[PDB]
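Here, camonsertib is shown bound to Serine/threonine-protein kinase ATR.
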Amino acid sequence: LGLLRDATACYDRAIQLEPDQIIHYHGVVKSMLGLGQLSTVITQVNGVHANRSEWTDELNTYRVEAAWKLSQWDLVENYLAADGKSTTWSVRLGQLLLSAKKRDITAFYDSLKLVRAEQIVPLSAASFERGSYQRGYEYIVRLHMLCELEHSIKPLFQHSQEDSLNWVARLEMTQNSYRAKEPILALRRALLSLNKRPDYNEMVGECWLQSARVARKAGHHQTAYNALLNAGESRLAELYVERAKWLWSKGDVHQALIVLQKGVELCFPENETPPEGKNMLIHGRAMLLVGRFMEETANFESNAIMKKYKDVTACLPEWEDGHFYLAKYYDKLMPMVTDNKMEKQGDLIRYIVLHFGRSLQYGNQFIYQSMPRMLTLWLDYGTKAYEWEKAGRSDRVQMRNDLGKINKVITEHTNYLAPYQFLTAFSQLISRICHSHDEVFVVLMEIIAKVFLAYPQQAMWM
Amino acid sequence: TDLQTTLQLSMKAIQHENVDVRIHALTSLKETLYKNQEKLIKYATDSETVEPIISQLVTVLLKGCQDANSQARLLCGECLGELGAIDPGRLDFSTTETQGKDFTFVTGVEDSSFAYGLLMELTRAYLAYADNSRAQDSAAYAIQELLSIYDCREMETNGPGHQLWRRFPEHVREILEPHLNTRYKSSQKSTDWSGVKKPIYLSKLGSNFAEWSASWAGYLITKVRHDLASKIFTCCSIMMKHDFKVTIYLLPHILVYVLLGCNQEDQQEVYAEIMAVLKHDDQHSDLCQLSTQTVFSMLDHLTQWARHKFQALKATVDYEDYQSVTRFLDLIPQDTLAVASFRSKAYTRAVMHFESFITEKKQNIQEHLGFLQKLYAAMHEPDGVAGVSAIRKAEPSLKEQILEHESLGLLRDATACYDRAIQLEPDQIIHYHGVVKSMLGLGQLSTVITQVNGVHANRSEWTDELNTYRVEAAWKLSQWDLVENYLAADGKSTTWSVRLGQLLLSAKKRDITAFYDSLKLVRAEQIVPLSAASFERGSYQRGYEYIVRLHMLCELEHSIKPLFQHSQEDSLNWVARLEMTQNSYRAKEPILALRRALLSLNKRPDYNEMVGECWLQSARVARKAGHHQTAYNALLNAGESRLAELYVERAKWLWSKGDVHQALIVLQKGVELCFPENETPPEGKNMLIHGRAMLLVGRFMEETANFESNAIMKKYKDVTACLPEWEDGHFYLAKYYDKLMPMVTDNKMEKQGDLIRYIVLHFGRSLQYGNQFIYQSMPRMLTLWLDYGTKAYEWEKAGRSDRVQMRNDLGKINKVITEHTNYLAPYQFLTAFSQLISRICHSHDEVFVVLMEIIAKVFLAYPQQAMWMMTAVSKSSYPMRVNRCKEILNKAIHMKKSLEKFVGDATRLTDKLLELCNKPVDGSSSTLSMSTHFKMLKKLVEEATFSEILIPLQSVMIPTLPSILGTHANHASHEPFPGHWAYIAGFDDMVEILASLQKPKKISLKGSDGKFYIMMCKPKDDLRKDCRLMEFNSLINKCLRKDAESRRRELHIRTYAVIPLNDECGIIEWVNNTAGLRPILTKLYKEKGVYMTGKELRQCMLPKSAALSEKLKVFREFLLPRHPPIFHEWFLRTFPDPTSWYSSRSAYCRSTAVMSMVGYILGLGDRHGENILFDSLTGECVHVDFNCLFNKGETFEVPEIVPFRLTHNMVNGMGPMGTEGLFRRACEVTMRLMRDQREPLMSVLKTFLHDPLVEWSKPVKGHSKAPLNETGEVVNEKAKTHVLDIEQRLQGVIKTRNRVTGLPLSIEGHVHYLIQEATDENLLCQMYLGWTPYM
Ligand SMILES: C[C@@H]1COCCN1c1cc([C@]2(O)C[C@H]3CC[C@@H](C2)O3)c2cnn(-c3cc[nH]n3)c2n1
């Protein structure tokens, strides 16, 4: 159970205690290897080799893993010729990458068959199906890796055919864990290095950023920081965004906001438009992250946060996250603004259900936060307007008109949105069936009926 | 001998003139320290501040380390090690030194002072060259020609020759008179000066420093147009050719003079020379460095003379002379001066020239941020590296990140960046240096050795510089054979670690000679940076690292000498020698490593265990410092003293990481594994540790929500029963009962009675065993007691049945407080005297009787301070306060009759002081005389019978508490207020009247020492609030002195005395050499010629009700432009010396930071320009007029929207980086301290917010202060609110009305918000023109 980066200290204490013990020297380079520190690894094992020329043979694998990650193909050659007894995965991957660099078609395909069989063997024993696929994901991500490899190398040999593997999608398809995504990404960097396309200096920064993302999402932040470093050489605004997200993870919301503001004014200066599609998308992600930081920080005024979210929506209207977080903030403010008085909440409710629905039109990532909250606000305001109309309160007619606006917004959603988007929360809609307000009931009827058509069998049961 | 008289004598001898006497005194003060180490450790450690003698000593020591002789320079450091590396916060350094400074830009050869300087130099050359006749005869000719150029002989006249002959010393005069009248002949080897290449520097004659300097001086003397200048230059021409020093001294004048009469071509020639000295670096000899210094000095004198000539200009031909000097000073490029100073390793002057280049010549800081960063790295000012990293928009390059981290000290990030750099450029030794250094500081020693051997395999040449780390690891591992092999490899490695390895090895092989020689060597190379640093102010803290290295060398020498043939056992108290040090990792860690290595050399039996205790101490240090990973690397290296000293430390480590539950878990595992429930530990050490652990378990429980309160109380009571003599346990139990009592009593005092009794009892029992919480325990104790007495009076007046039960409970509590009175020491009450002087008007009679016993005990112990603190309560208008104080004083008198004449005398003196104070001014008089108007006061004071009354300084009014380390029993005879006590011996003959509307009458109180102390008397005002505020500020200055970051920054809330002689008057102590911001900036603006008259200001004023945008438009269009930034000109004018300039600028940034945040916390307002004051000597700021406290300003008709004052002028002084840099990180540091010490601060403040005596409600309330039937207490209605707001501001919370729930801000983010808010033009504009937000 990896406590944290600092397992090396324990291995070194062990060494001080039993220096002849090798397992510890293995553990040290292995930790330095995981925490970037690639070039540091190569010196560690060479020092050991000097002290004890016998251990290097079993430590050669770590000197090879570092080399092909650094893309030092000449070094790979020496560290491989030194010892052929090692069959560690990293060593075989280095052998393949070298056979590709020094184009050796026969050797490449042969060693490929060989390693690919080596990795299947653990699956053969784990093939007995008791949650096997998850027990062997490590060996299945290795086959994924070998296939990415075969498809990136084949063109380097042919000259024609080229790689059709969608490297992006192939990654989200995987388990969102560093133990799985990173090996794919380091191999992808090495493959981008073997080939040399003009973008293949930039795409490497992209892969380093993805590695930082998976690490961050996976907790350990220092290797993420190393990846970020290795991403700088490529000019990107995503770098500032990810550095902020990384600080945010460490809890330093303020330093993150500061960095992100620096990156936005530098990468997206106010003068020139950001409308390069990709640049626009990044500018929107960044302004959103800014509005989200500002939400956490108490200093920032609510109006400025609302304005930032609105600018995000205007930069990316087809984007879900923008509308969603904007409406979330409207909802967080509305009780405080309105003094927890519904009749005053009408227009805010309109904006909130509106942006919630737009969010659902473009994506269903937050549907469990949005559709329920939207329907709840709407049905509740309907109950309240029926009450105040029933009580004869003064603001009731204004409440009636605002409820009309909101019923219209809900209708526009009913038309734009997909019935399955309503399907989740059908139990909620089947709940407010007895809503008192008639027009609200009509909107709810058109909503759940539009669902009944799409999915009657599953609806009639509910 | 008491060892204090011995130290006085010995120090006097240290600073003796004869070098041999100095040396023998130092040597005697190196056997003296060793033999009296126990006593010295009692001094430096018994109290939180090192006893005065120790401060006088280290100060006399360092200045000694500047001693020319190497043997005395060594004996100095040695005594600094035999003495210990005391924490610079313990050291006073009140007056560390007063360096002499030429108080002019000597006008020229006409000036009598420059005359005397030349004559001193010529006589010095005469005495020096008596060995070489030619040079001495040249000197005699020069000196007679000086006597001629200007008369040096009075001839019985009062002419210049008179005061000049009197100006020379007697030895110079006896040298002069013989040759004063005798003619001498000059060499007359005249030179055309054409053949020499005008850029003389780097020429053949140039390559010789004295030769270049002499040739340039000759060419200048030829260019000189002024006649007297030509004479003085010709007479010393030969001397300049003989002595480089006379030249250096006279060159700036040659420059000033030629520039005045030089034609454009001549100016260009001299400019070519000067710009060539600076543009040259090395080989494209000491010549470059020395000549760079010389030209820097010439230019500095030229600038001083330009400024003086401009003073005369505002005060013709002199206009043209000033124009010439300004022209030339402009001709030279500031950037070149900066790069030169840097190359010359004069980083401060380079910083000054760079700041000028940025401001004097409008430039964009971003292009030059990198150079500034290199400078701040070399200056080792990390706040500067950070301010640059922040001011920078662009993405930091790899190398820049490396620098930022090397300054930050983040080992992890530095390691990663260094490896990335190695990948980028593999052929860099510095990156591998950083990698191995990171692997070393993290504790990965063997990893270090292997990395080194590997890089040696790759690059052999690379190893000899990397060997240091291999050998450091080895001697840390105790692999002495590897140490030997590695040391045999490096023949020239001089680094500290290698020398320490050599010493340790020599000790391992028992090579006495080698050890002691390499010790005299490894000890001199450390005293060198100290001799270089001793010249500056705050040198101890600058050279602490090296002082700590000297402490380490002492510990070594004394742990090894028994290892040799061998009384010679090491008598050092390692634990105390460590506690005395600074509570930082950078200091205590190397000490501990060397301690464990010395042990590993001695291999005594216990030493296997002592190594574990040293590792645990290192872990605790890194934990208290935040280096958690190193704390873990240590918790591993330990295991021998595992009788819960490990489990305890591991639990604390986790707690610091925030994992409270895992901490409690592991700690319970320890308490079960060791100190098992089945067998009680009675062992003293085991018992102490078991108590520490039970208490940590109780604290964790309390932090955890799951645990029931009763279990927590049980655990704390178990602590008390196990370690009852312990302050903790008692204290924490009472603190819990205090948090628990409101809940258990539903906030009803009635049920609180018995809980209050227990709480008070345990708070006092804690105060009996230790004073670690004298500030958190005593105030709450007294508050609970006085308040329960108040509620009892209230309910006995109301007639409630519960009133009788309250009476019984109050009797119990009063008995408890009486037992405390008898047990506790007087000073423990003194630290809260102001609170007790406050309750002097308590409603309950019995409570007041007990309070009176307390106050009278304190008085009978420390009468002067008490009287000064309670003189007001006696003179107040309320009759109740007066009667209570008279009763207290009469009680004290009955206790001790001697405190009767002193009482009457102090009362008379105070009466006359407030008479002087409430004096009707004659009108237009800048001064009133003491002998004419205030004669009766001078009479009272001058009378011999008159008792001795202290000059009520802050250092004498604010106690010094003993240290928790001080055996916890010192507090029976402990002496607060240690040092020199100065009594009111006489009053000066002049009584200045200030220009304020209040017309405060400044006075000067003559101290018994004879020194003159200045004390202002404020006209009608409430100084009591200010008094208790100065108390809080002294507590803050304490908390800052102890904290390492703060003290490394030298943070300090400037503090002075605020003594109220009445409710209307007080007598504030005057901090000398202080001028306000508004007067300063107005003087500078006038000199600049741009100024805003009152009429313009009234026109610029908008109606109080106006568009914010309009106020801003006016404040940006007219006010700000008319008032540009000049403060930096003040810094440059008052601190001409570059080093002094940077020191004072940094201290301005770091002191206004402290007092800004201190103020925001205290809700400080009314920070107008005349209330902020800046010290002309140190640049620190000193606030005044603390009448508006706790956001009372926001109630002013013109609300205060600025939390503190950061105006564009105030920023321009901080530098080009502005807020970002030193000021911001100092704000962060002090806010962090305030937040960590939130509890003591809040506890003392709640005694300030609820103080009844202070006039919280300024209005009369229908002359309430007279019309109180039986009360002297004015309640603070906004008390709880102010307390809550302050607790928020400390927690990081800010109340936000923009419909937001809220969340605590990080210290960095809180500081950023504060700064933004205080420098935001939109807020400044709203401020009344009294704040002078434009200034
Ligand atoms: C450091 C200086 C000199 O040393 C003594 C302390 N002190 C001053 C100076 C001033 C002023 O100079 C400020 C402006 C300009 C002229 C006049 C007086 O109004 C005040 C005002 N209030 N207080 C108070 C009250 C409680 N503590 N301090 C002052 N204390």
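Sequence lines map to chains A, B, C, ... one by one, in the order shown. Chain A is numbered as in the PDB entry, which gives 1712-1870, 1876-2178 for the residues shown. In chain B, numbers come from the PDB entry; the residues present are 1279-1562, 1571-1601, 1620-1870, 1876-2644, in order. As the structure lists them, so they are numbered: ligands from 1, and atoms in each ligand from 1. This entry, so its header tells us, was determined using electron microscopy, 3.2 Å. All values below were derived from every heavy atom in this structure, side-chain atoms included, with hydrogens, water molecules and symmetry-related copies excluded. This depiction is restricted to one part of the PDB entry, and every contact reported falls within that part.
- Location of camonsertib, all copies: ligand 1.
- Other chains reaching under 4.0 Å from camonsertib with at least one heavy atom: B.
- Near camonsertib, within 4.0 Å on a heavy-atom basis, the structure shows B/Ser2305, B/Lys2327, B/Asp2335, B/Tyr2365, B/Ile2377, B/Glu2378, B/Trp2379, B/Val2380, B/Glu2479, B/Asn2480, B/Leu2482, B/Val2493, B/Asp2494.
- By UniProt annotation, the domain of chain B with most residues touching camonsertib is PI3K/PI4K catalytic.
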